[PDB]
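Entry overview - Succinyl-diaminopimelate desuccinylase with L-captopril in place.
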There are 2 protein chains.
Amino acid sequence: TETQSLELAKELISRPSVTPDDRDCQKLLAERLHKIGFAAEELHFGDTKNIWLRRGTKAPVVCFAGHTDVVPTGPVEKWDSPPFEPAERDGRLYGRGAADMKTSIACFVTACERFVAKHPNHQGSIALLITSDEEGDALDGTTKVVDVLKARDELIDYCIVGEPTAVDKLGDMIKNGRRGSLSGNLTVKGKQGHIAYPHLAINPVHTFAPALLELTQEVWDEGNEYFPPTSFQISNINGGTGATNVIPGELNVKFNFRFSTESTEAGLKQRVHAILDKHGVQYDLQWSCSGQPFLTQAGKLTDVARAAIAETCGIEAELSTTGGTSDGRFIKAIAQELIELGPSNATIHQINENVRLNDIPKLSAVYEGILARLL
Amino acid sequence: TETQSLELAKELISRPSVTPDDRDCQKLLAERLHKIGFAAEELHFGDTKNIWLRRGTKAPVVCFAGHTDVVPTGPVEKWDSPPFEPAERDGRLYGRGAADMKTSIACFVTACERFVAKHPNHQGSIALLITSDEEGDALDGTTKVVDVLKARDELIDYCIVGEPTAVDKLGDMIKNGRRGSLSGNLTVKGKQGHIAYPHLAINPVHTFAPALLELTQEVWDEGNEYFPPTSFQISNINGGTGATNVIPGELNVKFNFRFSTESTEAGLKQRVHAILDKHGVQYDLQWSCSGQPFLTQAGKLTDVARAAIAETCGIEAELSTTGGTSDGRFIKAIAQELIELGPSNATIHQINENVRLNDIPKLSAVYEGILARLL
Ligand SMILES: C[C@H](CS)C(=O)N1CCC[C@H]1C(=O)O
Ligand SMILES: C[C@H](CS)C(=O)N1CCC[C@H]1C(=O)O
Ligand SMILES: [Zn+2]
Ligand SMILES: [Zn+2]
Ligand SMILES: [Zn+2]
Ligand SMILES: [Zn+2]
């Protein structure tokens, strides 16, 4: 039906907002929604731009959240059409950010427009929480805006993060949470020496081997109705001097857990240390946690999104926690219920990123359906 | 007693014959031994210098073998006295090559001088096989000279390689053979992907882990009266893109066997392949063999060196095959019996390399003792 969502998505995709630059996407959003009574609050931090746009002063507060930054395109000539000149081809819209996640943003802005026109006196409030750094280190984006909101007791009842969540067809999957991510940087200590005198050296690959095996065979947990089993995966392993006749004196290993609520950050660290210690490994281990798992169990928000998807798309949406993470991990601190909902994530962060054209007005009509069922 | 060995060792150590340069060490040897009837045959190949010096035309042929090249010194200011200005200090002679292996060469040249003076009409022949590349890739040194000798049926009955073999005191250890060295370069194949979708990737660290453990726990053989058990050791392991949220698509591992005659090159390769295949690992594996094990069992030559050491040094020498390897692995093809015998190897290839001064005339008197018992 409407082509306003498509037209706005094109205009957004045409701006090369590679992290953390915004290229005035947030200005364009702010000025457009100002016309139907969204107040704009700019929250810049370091080189990152953020905005909190809000219509209304009372509960329930429904927030759309998302990012105007996009990942680099890589060599442009490898693309079939230029990444920042959105093109319609074979029933798809192609461009960097077409899926992740400018089309969602456009769809939400138009849903707000249609909803407010139909229901000028609706109850509650509608807000957008938009960052120009989700894709980078994200130290100065959403997480800083959330802290500001929380410090002034400006809380959210329902949040929809517009990340692409579909497997294939729009609405087939929504996310009601994500795994936490806990990473370790392990340095196993041995003693370097000539390879032909192994009794005078300590080979850190050999001392690590029995622990490595136990770690990669370990069952961390069962998962549950909402989460898959916690996952351990080694990303990098490096040891040696490059000489083929030397035993190295240390070995570096980097690993990560994507963990469910069935396990805790402290529990996992303890188990790793205990595995390494059981096998007599000598090491340094530095940990870093980029996020705790978060979960909105079945409730009004999940029911509403499901009903909206059933009405617009004709399919039964699956709730999921799989994949990576998003800025929902920050926003959940101030949102009582939060989900993520957007188009297919199949082509994100890749050349020839795209979204099906027929999915664009459908997405907006889903978001408009949600607003109508909550407000 | 005599100080001729010391004086010649100094003169040799003063020439900076870093591989494959000889700095005229071989000329100095050739001209000096020419005076007592050694004929000199220069055998240059590529950038390496070699010489075969020989007195006599009949069996038994006793050969001293060794190298005039030395390893780099590293930053000179870290040395206590300059590496190519031999110094006497605290009862030691210090300099690059003092132990490995110019002092041996000097000691042998003086032993020849004293032996020929005492026994001008001795039977048999005395030869020196000297290279300026043992320490490097050694493609153009001893191995090419041996091929020349073998092609003209010029064989050796008894060979003494002047490598430093002592643990501490001169004569405490002689080598009657060495382990072979068989190296593998393994590339384990997986499939790269985002770490949070492990079921869509293949982690080559994880597929390798059970094989790694089995390899580092494997007992290859028992060893025997002459050899220690065969030894497997990983030298290098590298995999990953540097990103902590990516599963890598491959893993490189470099490993080495120092193997005894109880195992064969082909047998070891087979066992490795079978371990990797039992665990379903997918990989490429390139092998390289830099040497087969070699062994002179107890016989005239070992008995003679032992008796000479007992007479000169007053101790019972141990036969050994431990450590790295030497150019005996080439010369054994043309020498019926071969041993290695020299001073302490404790400080070889290190800063402040040295030899005990009292060991220098003793070494020469050992070599002279050997010549007298064989010729
Ligand atoms: C929310 C992010 C896009 S910014 C996402 O969906 N990712 C990022 C990595 C993989 C993929 C996924 O979770 O499926
Ligand atoms: C024959 C060589 C010196 S060129 C040697 O003894 N090496 C070389 C590496 C270690 C040490 C050893 O075997 O003990
Ligand atoms: Zn993204
Ligand atoms: Zn995104
Ligand atoms: Zn050496
Ligand atoms: Zn040497």
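In this entry the chain letters A, B, ... are assigned according to the order of the sequence lines. Numbering of chain A is taken from the PDB entry, so the residues present carry the numbers 2-376, in order. Throughout, chain B uses the PDB entry numbering, with the displayed residues spanning 2-376 in order. Computation of the quantities below employed the complete heavy-atom set of this structure, encompassing side-chain atoms and omitting hydrogens, waters and symmetry-equivalent molecules. Remember, it's 1-based here, ligands and their atoms both numbered in the order they're listed.
Taking every instance into account, the structure holds L-captopril at ligands 1 and 2.
The letters of other chains with a heavy atom under 4.0 Å from L-captopril (ligand 1) are A, B.
At 4.0 Å, heavy atom to atom, the residues around L-captopril (ligand 1) are A:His68, A:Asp101, A:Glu135, A:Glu136, A:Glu164, A:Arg179, A:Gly324, A:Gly325, A:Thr326, A:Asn346, A:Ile349, A:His350, B:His195, B:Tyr198. An N or O contact shorter than 3.5 Å links A:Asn346 to L-captopril (ligand 1) by distance. Near A:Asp101, the atoms of L-captopril (ligand 1) lying under 4.0 angstrom from a non-hydrogen atom of the residue are 3 (C), 4 (S). Among protein heavy atoms, the minimum distance from atom 12 (C) of L-captopril (ligand 1) is reached at B:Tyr198 OH, 3.5 Å. Filtering the residues that UniProt lists as binding Zn(2+) in chain A by heavy-atom distance under 4.0 Å from L-captopril (ligand 1) yields A:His68, A:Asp101, A:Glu136, A:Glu164, A:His350. Rounded to 1 Å, the minimal heavy-atom separation between L-captopril (ligand 1) and the UniProt active site of chain A occurs at A:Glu135, 3 Å. In terms of N/O distances under 3.5 Å, L-captopril (ligand 1) is approached by A:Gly325. Those other ligands and ions that come closer than 4.0 Å to L-captopril (ligand 1) are ligand 3 (zinc ion), ligand 4 (zinc ion). Ranking protein heavy atoms by distance to atom 7 (N) of L-captopril (ligand 1), first place goes to A:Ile349 CD1, 3.5 Å. Near B:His195, the atoms of L-captopril (ligand 1) lying under 4.0 angstrom from a non-hydrogen atom of the residue are 9 (C).
Ranking protein heavy atoms by distance to atom 8 (C) of L-captopril (ligand 1), first place goes to A:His350 CE1, 4.0 Å.
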